[PDB]
**Q** 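One structure follows; several queries about it will come next.
Chain A residue numbers are taken from the PDB entry; in order, the displayed residues are 14-124, 149-268. Just follow the structure's listing: the first ligand is 1, and inside any ligand the first atom is 1.
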Amino acid sequence: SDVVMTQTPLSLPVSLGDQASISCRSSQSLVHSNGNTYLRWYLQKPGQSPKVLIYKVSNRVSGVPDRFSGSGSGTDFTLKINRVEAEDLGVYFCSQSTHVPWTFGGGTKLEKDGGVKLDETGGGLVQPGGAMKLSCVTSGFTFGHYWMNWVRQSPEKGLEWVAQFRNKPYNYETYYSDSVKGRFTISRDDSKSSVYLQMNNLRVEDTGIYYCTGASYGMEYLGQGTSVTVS
Ligand SMILES: O=C(O)c1ccccc1-c1c2ccc(=O)cc-2oc2cc(O)ccc12
């Protein structure tokens, strides 16, 4: 039932100045009943956090050069990069947010912002069985019009969406990944423009960098992440 996002190729070697093309396919249509197709492309530079380059298939995040273009429809999507430069090098991910759970492709290795801020705190080291509360304080966007999420990253599983807390128009509904159901609880406070993640009964496999994200009208902003180690 979970939408599988498949990227090709896993690794894409290029020479500076060449054109690059990355494919992302979904296991089912990403066309939403509301008319939007919720497909994002991200770039993660080595050692840094993922940043959105393209949203709703083809919309370029302002600031991203015109050399980048997203295209496609339904289940078949493509990111094109003209005249590759050094700053473009890193891992590109696609993600779908039409269906819950939100899901990510496995990545392809190619080898401010209106004052928006999201700051994650609470990370650290705990032993299995332990608990930890992550907090995310935001500013620079009208929080009431955003769905807040927690997404995590590990070498073993890649990017994984784990929880969502919708806004008032969408009944403040919460959703969780099966991997954390019954253990993690996402909470939201509009007055403080903050979201929190209470993580109980932690396991080694919960180890990862945890990012808070704010999504609205197909766009998404992400924090720099906070590291959680369960050892
Ligand atoms: O896209 C929207 O209409 C919308 C507006 C405000 C807040 C969230 C959404 C939004 C969705 C609203 C309804 C729905 O059925 C699905 C939505 O999906 C989204 C996916 C995103 O990445 C990012 C945003 C959304």
**Q** Which compound from cyclothiazide, paroxetine, cefaclor, ruxolitinib, fluorescein occupies the position given as ligand 1?
**A**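 Among those options, fluorescein.
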**Q** Main binding partner of fluorescein in this structure, as named by the PDB entry?
**A**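 Per the PDB entry, the chief partner is 4m5.3 anti-fluorescein single chain antibody fragment.
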**Q** Which residues would you count as binding fluorescein, with heavy atoms within 4.0 Å?
**A**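 Sure - by heavy atoms, that gives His45, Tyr51, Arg53, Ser110, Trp115, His182, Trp184, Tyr207, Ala252, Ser253, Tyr254, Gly255.
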**Q** Would you say fluorescein has an N or O under 3.5 Å from any N or O of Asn204?
**A**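 Min N/O separation from fluorescein is not below 3.5 Å for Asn204.
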**Q** Report, in ascending order of atom number, the atoms of fluorescein lying under 4.0 Å from any heavy atom of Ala252.
**A**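 Result: 23 (C).
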**Q** Please list, in number order, the atoms of fluorescein under 4.0 Å from a heavy atom of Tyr254.
**A**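 Result: 1 (O), 2 (C), 3 (O), 4 (C), 5 (C), 6 (C), 9 (C), 24 (C).
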**Q** With only distance considered, is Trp115 within less than 3.5 Å of fluorescein through an N or O on each side?
**A**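 N/O-N/O distance under 3.5 Å: no.
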**Q** So is there a nitrogen or oxygen of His45 less than 3.5 Å from a nitrogen or oxygen in fluorescein?
**A**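 Yes, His45 has an N/O under 3.5 Å of an N/O on fluorescein.
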**Q** Considering distance alone, does some N or O of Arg53 sit under 3.5 Å from an N or O of fluorescein?
**A**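 Indeed, backbone or side chain, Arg53 has an N or O that close.
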**Q** Heavy-atom contacts with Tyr207 under 4.0 Å: which atoms of fluorescein show up? List them by number with element.
**A**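 Counting from 1, the qualifying ligand atoms are 12 (C), 13 (C).
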**Q** Identify all N/O pairs between fluorescein and the protein with a separation under 3.5 Å and present them as a table of atom names and distances.
**A**
from        : atom 1 : to     : atom 2 : distance (Å)
fluorescein : 1 (O)  : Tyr51  : OH     : 2.6
fluorescein : 15 (O) : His45  : NE2    : 2.6
fluorescein : 22 (O) : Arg53  : NH1    : 2.8
fluorescein : 22 (O) : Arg53  : NH2    : 3.0
fluorescein : 22 (O) : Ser110 : OG     : 2.6

